[PDB]
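Contents of the following structure include amprenavir.
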Amino acid sequence: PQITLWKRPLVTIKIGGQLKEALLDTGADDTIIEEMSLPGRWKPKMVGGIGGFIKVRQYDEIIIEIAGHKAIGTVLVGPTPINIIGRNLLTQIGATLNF
Amino acid sequence: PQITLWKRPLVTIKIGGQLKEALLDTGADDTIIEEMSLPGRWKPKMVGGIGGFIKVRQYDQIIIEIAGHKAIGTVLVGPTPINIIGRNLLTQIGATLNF
Ligand SMILES: CC(C)CN(C[C@@H](O)[C@H](Cc1ccccc1)NC(=O)O[C@H]1CCOC1)S(=O)(=O)c1ccc(N)cc1
């Protein structure tokens with residue numbers, strides 16, 4: 001699809017067997033999802049931006065379906081105020097910014 | 001242009017005759033730039049990011065060029081990790097997300 005930016009570019013995703021809403025975010029280097037259980041090992045990471053940093057769990061090799069497009073990569077899990085699909089997975093679904 | 005997302009989508013902007021670098025951020029509702037002088041009056045604004053909400057200065061009807069496209073609109077000035085062009089000005093320059 002072509003998504004305009006009059007409103008937040010929210011899409012449905014499937015992760016961990018769960019349907020969620022997430023923001024398509026070209027300003028985010030990596031994908032971050034609100035607290036949930038994911039399989040496998042993880043390591044701690046700090047991510048920050050406006051208002052400072054938060055501590056997250058980094059899970060690798062996670063499959064996520066994004067508006068019907070499947071893609072695999074690292075997913076961070078932590079107390080994000082919104083679910084964010086960052087560049088590490090946007091590239092996999094062929095997302096571009098056009099103007 | 002068509003901008004892929006393998007690297008951060010950084011572009012040149014011009015504000016007040018000065019060139020700066022900024023991030024095209026579909027996840028940002030608002031445009032926020034690092035401390036600088038802008039003309040006119042400002043109003044208070046609370047901006048929410050990954051770490052919480054912070055106080056910034058809101059300037060309206062500011063002329064800004066973004067990768068050679070003209071925009072005139074609201075610019076926030078505050079503690080940001082990088083200059084961010086958000087949806088308020090991305091819409092003006094006709095940017096869309098495509099996949
Ligand atoms: C600040 C930019 C450079 C980076 N962030 C992405 C931004 O899109 C971020 C996304 C977001 C939306 C709403 C609430 C919370 C976060 N929007 C943001 O702050 O909007 C502010 C700035 C003006 O408008 C409002 S991040 O969330 O800190 C982050 C960093 C690292 C990764 N791996 C993932 C996310």
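Throughout, protein chains are lettered first and strands after them, A, B, ... in sequence-line order, and every chain is numbered starting at 1. Values below: every heavy atom of this structure, side chains too, minus hydrogens, waters and symmetry copies. Technique stated in the header: X-ray crystallography, 1.3 Å. Note that ligands are numbered from 1 as they come in the structure, with each ligand's atoms numbered from 1 the same way.
Among all chains, the one with more heavy-atom contacts to amprenavir than any other is, according to the PDB entry, Protease. Other chains with a heavy atom closer than 4.0 Å to amprenavir: A, B. Under a 4.0 Å non-hydrogen cut-off, the residues that form the binding site of amprenavir are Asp25(A), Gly27(A), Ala28(A), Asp30(A), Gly48(A), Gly49(A), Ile50(A), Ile82(A), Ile84(A), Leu23(B), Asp25(B), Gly27(B), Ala28(B), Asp29(B), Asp30(B), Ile32(B), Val47(B), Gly48(B), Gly49(B), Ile50(B), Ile84(B). Here the protein heavy atom with the shortest distance to atom 14 (C) of amprenavir is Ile82(A) CG2, 3.8 Å.
Of the polar atoms of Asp30(A), at least one N or O is found under 3.5 Å from an N or O of amprenavir, judged by distance alone. With hydrogens left out, the protein atom closest to atom 15 (C) of amprenavir is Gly49(B) C, 3.4 Å, a heavy atom. Protein heavy atom at the shortest distance from atom 28 (O) of amprenavir is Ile50(B) CG2, 3.2 Å. In this PDB deposit, the label for chain A reads Protease.
Here the heavy atom of the protein found nearest to atom 22 (C) of amprenavir is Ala28(B) CB, 4.0 Å. Ranking protein heavy atoms by distance to atom 17 (N) of amprenavir, first place goes to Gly27(B) O, 3.2 Å.
Scanning the protein heavy atoms around atom 8 (O) of amprenavir, the nearest turns out to be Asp25(A) OD2, 2.4 Å.
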